[PDB]
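Step one of this worksheet: look at the structure below.
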Amino acid sequence: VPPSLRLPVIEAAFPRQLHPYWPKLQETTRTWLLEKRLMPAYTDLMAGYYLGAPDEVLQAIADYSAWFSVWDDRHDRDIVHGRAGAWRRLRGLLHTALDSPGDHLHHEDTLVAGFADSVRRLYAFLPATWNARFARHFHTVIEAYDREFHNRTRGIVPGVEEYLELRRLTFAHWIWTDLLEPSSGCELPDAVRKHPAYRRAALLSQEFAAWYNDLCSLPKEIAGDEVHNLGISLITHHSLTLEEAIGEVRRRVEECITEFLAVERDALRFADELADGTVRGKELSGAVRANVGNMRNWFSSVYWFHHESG
Ligand SMILES: NCCCCCC(O)(P(=O)(O)O)P(=O)(O)O
Ligand SMILES: [Mg+2]
Ligand SMILES: [Mg+2]
Ligand SMILES: [Mg+2]
């Protein structure tokens, strides 16, 4: 790891974890991409994150994660080609397929059909109230991708706070947070997952992942003159040099880690409180503990992914 990207606290205090299903995961996702014609003839990131997930849940999550990267690529291609109509039509179909995936399983657009299959499968694990929350969150993600389309085709660099708000949606913070719950086998009650310690631990895990991605791409994403990156917002609106922007993003990433360590303690104290001597409480306690454990695993999975992925 180059010194500008190295984070000793991750290396020393966040040991990597790997889900035992990882070998089958890689090839089964590749087979799904081929069968769905989503790439002409990433799973490790999920296998280091959703520890404890049932094999079938981890497979559905990995296929969705692979689909997501194929969507990011189509979005980028529509942007650089100025295909505003094609993007608008896709945007509309993803909104519709999210609410009615079965209707879109054999759509002419293979990206839409692949999306529908992955969502249909994710909808099969937990009650319909979880499905509705996933859908609510992902409708918001789609519209954030539309805002990025608008910004990038017009060459607009969002302000720092504007970007930070937008990135919580284009990175899909709340989708990865939602997916903790099928991974530990339990839809959490609103009073549990909205506990301030759970909420803050969940946020910091995703801010680390998004901002570290921005750090691992700032120099390349200048050069070619991009606009969506915390470092680019800092250079453009705060007159930072590239070196100054790298240091500022790095400090913000480092603070996510030590803020997370403090709130993790509170979240695990909350998990202890949930185990109140009843079976239901022990089950909720264990689900919270598992989910917070995987919020922690996201730090190390993301960190080492950026130094392994091409
Ligand atoms: N966690 C590592 C995968 C995150 C990929 C993030 C992106 O898709 P990438 O930097 O790969 O293009 P985004 O469009 O949000 O910048
Ligand atoms: Mg991208
Ligand atoms: Mg993107
Ligand atoms: Mg990025």
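For the single chain, residues carry numbers from 1 onward in sequence order. Structure determined by X-ray crystallography, 1.6 Å. Ligands are counted one by one from 1 in listed order, and the atoms in each one are counted from 1 as well. Keep in mind that the numbers below use all heavy atoms, side chains included, and drop hydrogens, waters and symmetry copies.
Considering neridronate, chlorpropamide, propylthiouracil, the drug or drug candidate at ligand 1 is neridronate. Among all chains, the one with more heavy-atom contacts to neridronate than any other is, according to the PDB entry, epi-isozizaene synthase. The binding-site residues for neridronate (non-hydrogen atoms, 4.0 Å) are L45, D72, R167, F171, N213, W298, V302, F305, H306. Considering backbone and side-chain atoms together, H306 places no N or O closer than 3.5 Å to any N or O of neridronate. Close contacts between neridronate and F305 involve ligand atoms 2 (C) [criterion: under 4.0 Å to a heavy atom]. Neridronate places these atoms under 4.0 Å from at least one heavy atom of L45: 1 (N), 2 (C). Near neridronate (under 4.0 Å), the structure shows the other ligands and ions ligand 2 (magnesium ion), ligand 3 (magnesium ion), ligand 4 (magnesium ion). In terms of N/O distances under 3.5 Å, neridronate is approached by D72.
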